[PDB]
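A short write-up of the structure that comes next.
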Number of protein chains: 2
Amino acid sequence: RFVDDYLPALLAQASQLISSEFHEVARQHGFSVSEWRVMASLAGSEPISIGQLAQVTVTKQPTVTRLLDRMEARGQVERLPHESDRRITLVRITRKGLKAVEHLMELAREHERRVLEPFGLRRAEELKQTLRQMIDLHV
Amino acid sequence: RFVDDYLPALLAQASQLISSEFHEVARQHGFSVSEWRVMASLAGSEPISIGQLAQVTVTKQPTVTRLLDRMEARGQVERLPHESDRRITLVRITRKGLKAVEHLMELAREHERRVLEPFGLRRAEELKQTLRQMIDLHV
Ligand SMILES: O=C(O)c1ccccc1O
Ligand SMILES: O=C(O)c1ccccc1O
């Protein structure tokens with residue numbers, strides 16, 4: 001059966017199952033999926049471009065732009081000009097956004113620890129290294 | 001930076017980048033993303049439930065049901081009753097659907113081979129085994 005060992009299908013199913021588990025927690029804490037992805041991706045970051053944010057959150061750029069409109073209205077993020085090119089808008093999390101998401105981020109780390117514990121440290125680090133290398137080759 | 005090593009973010013980005021590459025090919029062959037996922041997931045399968053199809057194609061069940069309405073109208077799939085429980089509808093690919101997708105499936109196998117070749121057979125099989133185990137634990 002073709003799909004049983006087809007890498008893109010395996011990645012898509014694993015990603016959906018793992019992320020959907022945490023989504024229930026995020027909503028119980030008042031976050032939508034996309035709000036969580038944006039704030040988690042900006043936490044601890046220097047300002048990044050809207051395009052970079054769209055890539056890392058796996059969200060279409062027009063969707064991200066509308067999302068940032070409302071999150072900036074709520075004081076959770078800030079958009080800023082690029083210091084050279086003004087094709088580029090940069091975005092950062094605010095202190096208000098960080099305080100809003102830090103507890104959820106701890107719960108996310110615990111969730112990931114539970115997901116990876118059956119595989120052991122070696123298999124977990126191998127998985128993360130392979131995924132990171134794949135991203136950097138394909139982005 | 002939290003997101004750089006957060007497993008769900010790594011899985012989601014890797015899956016998006018790898019699948020989006022093949023999507024351009026699928027569309028050039030007349031398939032939408034969801035049509036491709038359905039036909040690839042049914043190819044070589046015994047009939048499966050609509051819920052199973054929704055899980056493996058990572059598509060919401062109401063979306064899958066509308067998709068099957070039109071794909072069955074086009075003679076590419078067939079819905080059938082479960083031989084015991086009639087809460088359950090089963091679905092299979094037809095010969096017409098298989099012939100429609102088999103060339104695309106060969107191109108998909110070549111694409112996967114290219115994606116995995118830099119990692120080698122050992123790292124590739126490790127990745128697939130880990131993803132399969134994760135799916136089976138979380139489904
Ligand atoms: O990403 C794919 O190409 C795919 C194909 C079949 C089933 C699920 C999938 O994600
Ligand atoms: O799936 C997640 O939880 C996630 C979080 C941050 C960025 C991208 C993501 O897919």
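Throughout, protein chains are lettered first and strands after them, A, B, ... in sequence-line order, and every chain is numbered starting at 1. This entry, so its header tells us, was determined using X-ray crystallography, 1.6 Å. Indexing begins at 1, ligand by ligand and atom by atom, following the structure's order. Just the heavy atoms: all of them, side chains too, but no hydrogens, waters or symmetry mates, feed the values below.
Most heavy-atom contacts to ligand 1 in this structure come from the chain listed in the PDB entry as Transcriptional regulator, MarR family. Looking at ligand 1, one finds the drug salicylic acid. Lab note - other chains with heavy atoms under 4.0 Å from salicylic acid (ligand 1): A, B. With the cut-off at 4.0 Å and only heavy atoms counted, the binding site of salicylic acid (ligand 1) comes to A:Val3, A:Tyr6, A:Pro8, A:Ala9, A:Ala12, B:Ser19, B:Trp36, B:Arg37, B:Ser41, B:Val56. Here the heavy atom of the protein found nearest to atom 3 (O) of salicylic acid (ligand 1) is B:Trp36 NE1, 3.0 Å. For salicylic acid (ligand 1), the atoms closer than 4.0 angstrom to any heavy atom of A:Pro8 are 1 (O), 2 (C), 3 (O), 10 (O).
Nearest to atom 6 (C) of salicylic acid (ligand 1) among the protein's heavy atoms is B:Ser41 OG, 3.7 Å. For salicylic acid (ligand 1) and A:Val3, the ligand atoms under 4.0 Å from any heavy atom of the residue are 6 (C), 7 (C). Closest to atom 8 (C) of salicylic acid (ligand 1) among all protein heavy atoms lies B:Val56 O, 3.4 Å.
The single protein non-hydrogen atom nearest to atom 1 (O) of salicylic acid (ligand 1) is B:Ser19 OG, 2.7 Å, given as residue, atom name and distance. Ligand-side atoms of salicylic acid (ligand 1) in range of A:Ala12: 10 (O), range being under 4.0 angstrom from any heavy atom.
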